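A deposited model with resiniferatoxin.
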Amino acid sequence: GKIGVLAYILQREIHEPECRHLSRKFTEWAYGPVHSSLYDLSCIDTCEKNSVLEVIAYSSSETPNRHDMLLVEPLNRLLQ
Amino acid sequence: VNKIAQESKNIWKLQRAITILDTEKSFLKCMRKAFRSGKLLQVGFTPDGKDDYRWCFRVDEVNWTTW
Amino acid sequence: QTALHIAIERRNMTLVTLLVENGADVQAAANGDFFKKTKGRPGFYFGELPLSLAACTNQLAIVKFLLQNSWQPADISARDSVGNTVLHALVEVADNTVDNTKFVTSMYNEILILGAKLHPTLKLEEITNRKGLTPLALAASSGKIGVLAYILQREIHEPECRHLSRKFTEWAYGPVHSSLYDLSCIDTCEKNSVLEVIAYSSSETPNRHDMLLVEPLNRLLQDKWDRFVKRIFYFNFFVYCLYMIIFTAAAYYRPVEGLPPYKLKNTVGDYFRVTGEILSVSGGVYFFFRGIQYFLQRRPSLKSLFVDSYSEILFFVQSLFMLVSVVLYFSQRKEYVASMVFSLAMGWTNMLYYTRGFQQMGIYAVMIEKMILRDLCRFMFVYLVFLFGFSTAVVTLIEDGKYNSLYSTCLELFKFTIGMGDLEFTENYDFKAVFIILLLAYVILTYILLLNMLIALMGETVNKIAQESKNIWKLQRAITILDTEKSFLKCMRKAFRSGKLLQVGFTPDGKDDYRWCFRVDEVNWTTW
Amino acid sequence: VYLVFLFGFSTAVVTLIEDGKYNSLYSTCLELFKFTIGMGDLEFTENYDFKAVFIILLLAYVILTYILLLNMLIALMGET
Amino acid sequence: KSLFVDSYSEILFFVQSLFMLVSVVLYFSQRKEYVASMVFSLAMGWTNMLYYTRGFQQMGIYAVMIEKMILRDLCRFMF
Ligand SMILES: C=C(C)[C@]12C[C@@H](C)[C@@]34O[C@](Cc5ccccc5)(O[C@@H]1[C@@H]3C=C(COC(=O)Cc1ccc(O)c(OC)c1)C[C@]1(O)C(=O)C(C)=C[C@@H]41)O2
Ligand SMILES: C=C(C)[C@]12C[C@@H](C)[C@@]34O[C@](Cc5ccccc5)(O[C@@H]1[C@@H]3C=C(COC(=O)Cc1ccc(O)c(OC)c1)C[C@]1(O)C(=O)C(C)=C[C@@H]41)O2
């Protein structure tokens, strides 16, 4: 339920040489207030065992931000 | 109810997510289309000379703040 | 999209200068789907033109350069694919926040000043888009309360731009001062008066409740009310009360012989009865055609039909029940009674329509409308699920009794809700323990849990909609005013108030401007 | 507001009733008022034709007054 | 402990099915008490319809409140 760390990781963008591959969010274009990103979605949608969606959905209900963690941009858009 | 209205507001989304995962796990038809977003080349330049395909998902967003 | 759009949106003054110098087209329209409203897809609408692009982005220097450069001046009056000019675009980009309103109104004013200085004969604010909306009408329809509030009381203190003002200060003592508001296209105009645009809003408009608090509109509506409309409204209410009394009396003394229509007897009471029936049917026809007129004029979209125009639906349905009753009456079917009573019931409850427009009692009817549409419907779905589930269980358990049917057992379980549940209404079963356990579970789940949950949820909704109802009062008063003025039944011109006064008499040219100003004295005890 | 609802539905019901014991504004108004105090009979007469109309009117009156209006009164009184 | 504060709807659907199967067993065991089981399943079968109201922003709140109230507040009040 570490919503802050999760929101950081899922939206991480690193603007420097030799570390762009570490990013998970990539900005293609941005005109006004509107901009189009690409999110990695490795281990969010599907993976071997612990997809993020599967981990959140099957949380034990003691997890603090289980309700709010799905508001993080890539997950909310992916689920919709 | 005055204290749990806020929680229920998002429990909506949570239950929708649970429904989605169960539907994808059952699926009853050997369907692969449930895996969305397409296999795109993101950078093409790892630390070595290989190119990376990472199944990226496009999200356009509009924010009227932080000008 | 062209290089000029990129330079402007990148905020590159130098590149914009170079591109204009090199023959860039300042009228090039970026008319891709990305640059349109297109609510189902991402995008950014800005009016499609470099000038509107600069204006919407709060780049005043580029606006001035594009308007008055040496190489290619921009057409201040040019219109995009929607017909929108720069000012329409500026109205579009507003979002009613403090800084957004600040810069948008500043840019709007600066564009008006520049338009006057470059084209004194040009009236930007009269230009309409493809929907027929001026920037004022667009701001009114879209609920941009900040822009509307700016425009309606705009006062410009400089030579050769006083004619652009809409508010003029005649004299000022201390906290008190007397102004004149322009009232062009507020009170009346060709199509889109501001009052008509606000009143007939689609109920998704954000500030439709609050926009009528803006000083000139609030004062104008109160003046219209007191001078003209209050008496007509009370007369209409009185006539409706008489109509419902006549309808009630005529229905109450209906004859009880079979097979209508009933032969008229040569006696006084029957002449009064048939007279009342004729008046009742007449009122039904009147409301039927009034409802059709409403629907044709407004054309609600089958979702606005109930969340708005609710009272018009109820009046129309009343008239439909009346007319169906008439048809059955002359078709020699007693079932006309079945129709008539429904109309009669509706006819009385529609009296609550007239309580809206009173700041204390109208809130009650507004709450009834909102509750019935949303919260009662959701509650009744859940309740009916419980009721039907347990009724089916109990009637399955009962074997060959008096009840032994979905109707009887559903009614008997419903009686628990109204505090009349028998709890031993039958013994025609085996397993008394099962029967009583089912009944106790149903009682606890509905009577104790669900009803108190309903009380709590209704408390929350009432706490949340009292604030909105406080202004919905004034909104309904405005709607009443506009309908009364449109009907008017007497060819009266006095409804057009405020008198034809001279503001300046000195436009950019030698003509004089009479603009139907409205005097408003205001008192402010703050900002000393 | 309550008396508007009560009178409207009382007039409807007494119009529907034909030549009964009740068949009068006073008796039917009193009988419908009994629903407010948790004593509504709900089958207080059969002297009509169209039982469906009668029961639909009574159920609509009950839902509008007993369930909606009284709880709305509770909410408004809480606010006051 | 998670069995009721979470997975509540799964418990209710499972209990419905248990009542159904007990009814079948009693039915073929030549006991009329199968009726006693069946009606409970029938009642549960209808109220479990509320499971499908969750996942709708407006309707689902009602069922969520029912779940939480039954588990906590109604139990304390009823004691
Ligand atoms: C949703 C609308 C179309 C509605 C129209 C009719 C059939 C109505 O049943 C309802 C359905 C209903 C029935 C029973 C309980 C709740 C809801 O509610 C209203 C509608 C419900 C009402 C509620 O009372 C009011 O709305 C009065 C009123 C309030 C605010 C207004 O602005 C207003 O303007 C006309 C009228 C009373 C009835 O019209 C009535 O008297 C009878 C016989 C049935 C009621 O349908
Ligand atoms: C605690 C659980 C295991 C529970 C299971 C059964 C026995 C139940 O009795 C209860 C005990 C009870 C009985 C009577 C009043 C309150 C509580 O409540 C629920 C449970 C209580 C319910 C309440 O209705 C609901 O929970 C519907 C529902 C709401 C939210 C959901 O996510 C849901 O998913 C299935 C279902 C209805 C019954 O299942 C029902 O229809 C009968 C015959 C008894 C009710 O036990």
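Order of the sequence lines sets the chain letters (A, B, ...), proteins ahead of strands, with each chain counted from 1. The entry is not shown in full; contacts are counted within the portion that is. We count ligands from 1, going down the list as the structure has it; atoms in each ligand are counted the same way. The way this entry was determined, per its header, is electron microscopy, 3.0 Å.
Lab note - other chains with heavy atoms under 4.0 Å from resiniferatoxin (ligand 1): C, D.
The 4.0 Å heavy-atom shell around resiniferatoxin (ligand 1) contains C/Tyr310, C/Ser311, C/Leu314, C/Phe315, C/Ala345, C/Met346, C/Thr349, C/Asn350, C/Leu352, C/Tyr353, C/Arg356, C/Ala365, C/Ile372, C/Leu376, D/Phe5, D/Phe9, D/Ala60, D/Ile63, D/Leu64. UniProt transmembrane segments of chain C, counted from the N terminus, having a heavy atom less than 4.0 Å from resiniferatoxin (ligand 1): 3, 4, 5. Checked against UniProt, the resiniferatoxin-binding residues of chain C with a heavy atom under 4.0 Å from resiniferatoxin (ligand 1) turn out to be: C/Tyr310, C/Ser311, C/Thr349, C/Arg356.
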